[PDB]
Asker: 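Context: structure of TAK-279 in complex with Non-receptor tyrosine-protein kinase TYK2.
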Amino acid sequence: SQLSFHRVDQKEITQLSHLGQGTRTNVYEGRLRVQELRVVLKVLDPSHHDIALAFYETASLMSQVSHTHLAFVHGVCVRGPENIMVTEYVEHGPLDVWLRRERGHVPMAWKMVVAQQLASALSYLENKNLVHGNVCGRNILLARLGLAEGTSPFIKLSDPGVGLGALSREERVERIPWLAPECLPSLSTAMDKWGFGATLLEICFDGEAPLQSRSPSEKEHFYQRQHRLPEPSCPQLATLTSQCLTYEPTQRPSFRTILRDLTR
Ligand SMILES: CNc1cc(Nc2cccn(-c3ccccn3)c2=O)nc2c(C(=O)N[C@@H]3CC[C@H]3OC)cnn12
């Protein structure tokens with residue numbers, strides 16, 4: 001009753017190559033006939049009704065927002081028990097993978113453009129009072145490389161996939177340190193300030209995230225002990241990442257402050 005998205009007919013979609021896995025999903029290159037548009041198909045695992053609902057809730061969220069740095073959702077194809085989200089194909093793929101592959105020739109200026117674009121997407125959702133809840137390098141898609149002389153990068157933040165509210169505690173621990181600490185045991189836009197902070201660290205460290213090596217027990221203990229995440233060596237950027245990565249959600253800065261700080 002609360003939800004609104006386009007139903008996509010199975011006859012309108014073609015599934016091409018496998019691109020990877022998301023949370024409870026397999027992602028394929030596809031075609032959507034509307035013209036034969038390149039898209040990605042996100043195929044939900046066999047799931048309980050509650051996970052399918054959480055999937056529809058994400059489709060509904062993304063279908064009623066617009067921003068140049070938010071990826072487009074075309075709709076959902078049902079096929080009895082099978083659920084497919086149809087979403088924007090973004091040329092150069094996930095940023096975390098891209099950064100790890102390009103390690104050693106991504107300049108700071110390039111990274112600062114990406115942080116500004118992500119901040120302008122999250123400023124828009126803050127103003128709408130809508131939670132993304134899965135801000136991370138994997139969900140930042142690179143539309144334009146921006147490494148050539150006289151070019152700049154262009155990103156699209158992916159749909160967050162299955163809503164965080166429907167995932168297991170095990171899955172939430174796996175998402176440390178992108179997971180806001182209040183989300184371990186909380187659905188406020190404040191969680192995206194933390195995720196933003198974690199994603200800046202991830203970008204600064206060329207797609208290596210802090211804590212990623214550590215076991216689930218050690219990731220959970222980090223949060224229980226309110227250990228501080230590492231500060232990048234650029235102190236101006238450290239002040240910002242630290243303010244975002246504040247355990248008390250009400251002490252994290254607005255995206256007005258964040259954008260102000262990034263733009264000088
Ligand atoms: C070239 N266009 C494109 C490639 C690609 N690729 C990938 C996807 C998911 C994992 N992986 C992956 C595969 C091995 C190792 C690490 N990551 C990938 O490469 N995803 C996308 C999306 C897209 O929305 N993705 C989002 C990123 C999470 C996935 O929703 C679950 C759009 N366009 N595109």
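In this chain, residues are counted from 1 in sequence order. Atoms within each ligand, like the ligands themselves, are counted from 1 in listed order. The way this entry was determined, per its header, is X-ray crystallography, 1.8 Å. The figures that follow rest on heavy atoms only: side chains count, while hydrogens, waters and symmetry mates do not.
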Asker: Any idea which residues from other chains are within 4.0 Å of TAK-279, non-hydrogen atoms only?
Answerer: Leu19, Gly20, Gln21, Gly22, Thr25, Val27, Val40, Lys42, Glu88, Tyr89, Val90, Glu91, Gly93, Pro94, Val97, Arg138, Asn139, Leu141, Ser158
Asker: Which residue owns the protein heavy atom closest to atom 15 (C) of TAK-279, what's the atom, and how far is it?
Answerer: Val97 CG2, 4.3 Å
Asker: Could you tell me the residue and atom name of the protein heavy atom closest to atom 7 (C) of TAK-279, and the distance to it rounded to 0.1 Å?
Answerer: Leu19 O, 3.4 Å
Asker: What are the atoms of TAK-279, with element, lying closer than 4.0 Å to any heavy atom of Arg138?
Answerer: 16 (C), 17 (N), 27 (C), 28 (C)
Asker: What is the closest protein heavy atom to atom 32 (C) of TAK-279, and at what distance does it sit?
Answerer: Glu88 O, 3.2 Å
Asker: Quick test: of every protein heavy atom, which one is nearest to atom 6 (N) of TAK-279, and how far off is it to 0.1 Å?
Answerer: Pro94 CD, 3.6 Å
Asker: Can you help me figure out which UniProt domain of chain A most of the residues touching TAK-279 belong to?
Answerer: Protein kinase 1
Asker: Is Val90 in polar range of TAK-279, meaning some N or O pair under 3.5 Å apart?
Answerer: yes
Asker: Quick one: does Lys42 get an N or O within less than 3.5 Å of an N or O on TAK-279?
Answerer: yes
Asker: For TAK-279, which atoms sit closer than 4.0 Å to a heavy atom of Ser158?
Answerer: 24 (O), 26 (C)
Asker: Do me a favour and list the nearest non-hydrogen protein atom to atom 34 (N) of TAK-279 with residue, atom name and distance?
Answerer: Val40 CG1, 3.8 Å
Asker: Measure the distance from atom 25 (N) of TAK-279 to every protein heavy atom, then report the residue, atom name and distance (to 0.1 Å) of the closest one.
Answerer: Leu141 CD2, 3.8 Å
Asker: I need the atoms of TAK-279 closer than 4.0 Å to a non-hydrogen atom of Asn139, numbered in the order shown.
Answerer: 27 (C), 28 (C)
Asker: Find all atoms of TAK-279 within a distance of less than 4.0 Å from any non-hydrogen atom belonging to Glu91, and give their numbers and elements.
Answerer: 1 (C)
Asker: Considering only the protein, which heavy-atom contact is closest to atom 31 (C) of TAK-279, and what is its distance?
Answerer: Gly22 CA, 3.5 Å
